[PDB]
Amino acid sequence: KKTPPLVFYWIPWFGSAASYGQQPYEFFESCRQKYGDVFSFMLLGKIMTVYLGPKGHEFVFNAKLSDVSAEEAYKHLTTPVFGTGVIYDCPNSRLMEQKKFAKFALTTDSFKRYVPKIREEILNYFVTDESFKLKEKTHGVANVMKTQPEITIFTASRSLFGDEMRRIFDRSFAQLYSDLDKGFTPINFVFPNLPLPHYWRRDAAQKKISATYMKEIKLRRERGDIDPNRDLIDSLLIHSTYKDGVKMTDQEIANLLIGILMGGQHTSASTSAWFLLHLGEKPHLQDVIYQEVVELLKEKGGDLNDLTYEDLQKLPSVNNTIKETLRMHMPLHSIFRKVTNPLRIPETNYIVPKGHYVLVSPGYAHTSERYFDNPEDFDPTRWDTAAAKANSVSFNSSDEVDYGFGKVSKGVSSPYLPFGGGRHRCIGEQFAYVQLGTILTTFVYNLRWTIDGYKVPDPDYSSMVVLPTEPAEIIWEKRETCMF
Ligand SMILES: CC[C@@H]([C@H](C)O)n1ncn(-c2ccc(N3CCN(c4ccc(OC[C@@H]5CO[C@@](Cn6cncn6)(c6ccc(F)cc6F)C5)cc4)CC3)cc2)c1=O
Ligand code: HEM
């Protein structure tokens with residue numbers, strides 16, 4: 001009566017890892033139907049306490065700074081991958097402000113600039129890459145698991161870092177990111193640093209990529225032109241001063257960029273991968289977006305005026321599509337807080353011993369039939385003339401709160417929380433809809449793809465983000481054959 005019911009573990013230290021590791025939303029539901037909303041289950045030595053539904057969103061995201069802590073849970077996943085000093089390798093208050101700094105490059109004025117850039121890179125890929133080669137080919141097959149992470153990393157790189165850094169990638173140093181990218185695996189949670197080639201190439205890579213950003217930060221500064229609020233590198237050059245007057249070192253700034261680049265790239269890659277495969281099973285939907293985009297362009301020329309950020313606003317169908325994939329495949333299937341003081345689940349007789357791991361999964365409610373009718377059908381129409389990414393789209397108090405990076409909703413009690421809530425809330429929400437929006441609109445305008453006498457592959461949950469199975473590929477044709 002004082003603790004949540006810990007459950008059976010197939011092999012004990014191993015715990016429920018396979019059932020949960022194989023499918024969390026299924027595993028969660030099986031327990032719910034005979035224990036209720038909260039229950040514990042052990043995993044890799046660490047036992048896991050879960051709270052399902054909106055109320056579990058409140059108890060976790062809105063937990064006091066003293067009761068839980070995300071630094072503890074994420075430290076080894078990120079630090080060895082990004083670097084020291086920043087993001088979970090520092091007090092919470094340092095993290096909060098590092099958000100404030102970064103947000104200055106994620107504003108409406110930046111976004112208007114980012115869209116043409118982001119589109120321009122996509123068009124580079126359509127031509128130069130073997131997957132498409134639109135200039136010479138009219139048919140094609142694209143492995144979305146290859147293309148999307150490359151398109152996402154090139155688009156993010158160009159928007160947030162600039163054109164000098166995007167030209168540096170055209171080289172072998174591209175490799176260094178593949179090596180650091182491999183370092184970013186849930187295998188870190190338990191194995192942070194081992195002596196085999198993987199971990200060495202990963203530490204080496206980090207230090208060389210950190211140097212690359214340090215040198216560009218250096219020159220961009222001394223050269224003396226950091227004036228346009230061009231990007232994320234500019235905004236950290238001018239804002240990197242904490243409350244107390246302490247100032248981030250340039251290596252620390254460099255590690256933050258790496259953190260944010262890889263952080264944003266993985267999540268956004270999944271979602272673009274997923275709405276390509278899903279849009280491919282239902283090509284009817286692609287033509288909905290295509291008609292809407294052409295009607296917006298108006299009378300002649302494929303586009304009367306190349307599509308802008310403001311225009312991206314006027315396209316509910318594009319935005320509704322992004323909301324549906326984030327519902328059906330929230331890249332982050334489970335979010336953790338390590339418990340630092342015993343917690344008294346209210347409207348309950350439970351204490352969560354200190355030292356347990358607290359797991360919240362908005363994705364469950366997203367996939368849940370208890371909260372969405374026909375939850376496993378890809379139907380973006382369910383968003384009824386409501387294309388907003390977020391608002392207090394659910395109940396309880398939704399008044400505002402400031403944790404040090406801008407005022408944010410107090411109430412997190414919604415079934416749909418793809419970007420989370422509370423202090424660790426995502427700051428990249430609007431950058432994603434822009435980036436993904438531009439990828440989507442650029443894709444349908446030039447290509448019409450399909451899905452090979454089949455339907456969407458089963459998701460793999462064994463990595464950072466929820467990704468598709470190995471033979472994941474779309475077969476494209478051209479909506480207009482002659483353009484160069
Ligand atoms: C079946 C055999 C079995 C045995 C074991 O072999 N087995 N096999 C396989 N598995 C297996 C494999 C994996 C798991 N994982 C459980 C834990 N999951 C996970 C996912 C995401 C996480 O997020 C980390 C942070 C959160 O915020 C981010 C992200 N972000 C938000 N916006 C942008 N980025 C962030 C923030 C800000 C930044 F600036 C940067 C950032 F990055 C980073 C944390 C944890 C992964 C799956 C479980 C089981 C097994 O159990
Ligand atoms: C669809 C794409 C994205 C999704 C679904 C997403 C989702 C989330 C979620 C759920 C969290 C909360 C994690 C937690 O509570 O522990 C989060 C945090 C965060 N995200 Fe994102 N994110 C996305 C893209 C981005 C991008 C593009 C950036 C940067 C440009 C970004 C930066 C962050 C940061 C800095 C945090 C805060 C980490 C913390 O407070 O501990 N995310 N994101």
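Positions are given from 1, in the same order as the sequence printed here. Just so you know, ligand 1 is whichever comes first in the structure, and atom 1 is the first atom listed for that ligand.
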>> Okay, my shortlist is lenacapavir, muvalaplin, mezigdomide, posaconazole. Which one is at ligand 1?
In response: posaconazole
> Which other-chain residues have at least one non-hydrogen atom less than 4.0 Å from posaconazole?
Replying inline: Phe14, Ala17, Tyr20, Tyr74, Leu77, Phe82, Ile87, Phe184, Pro186, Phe189, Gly259, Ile260, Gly263, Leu332, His333, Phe336, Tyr461, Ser462, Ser463, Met464
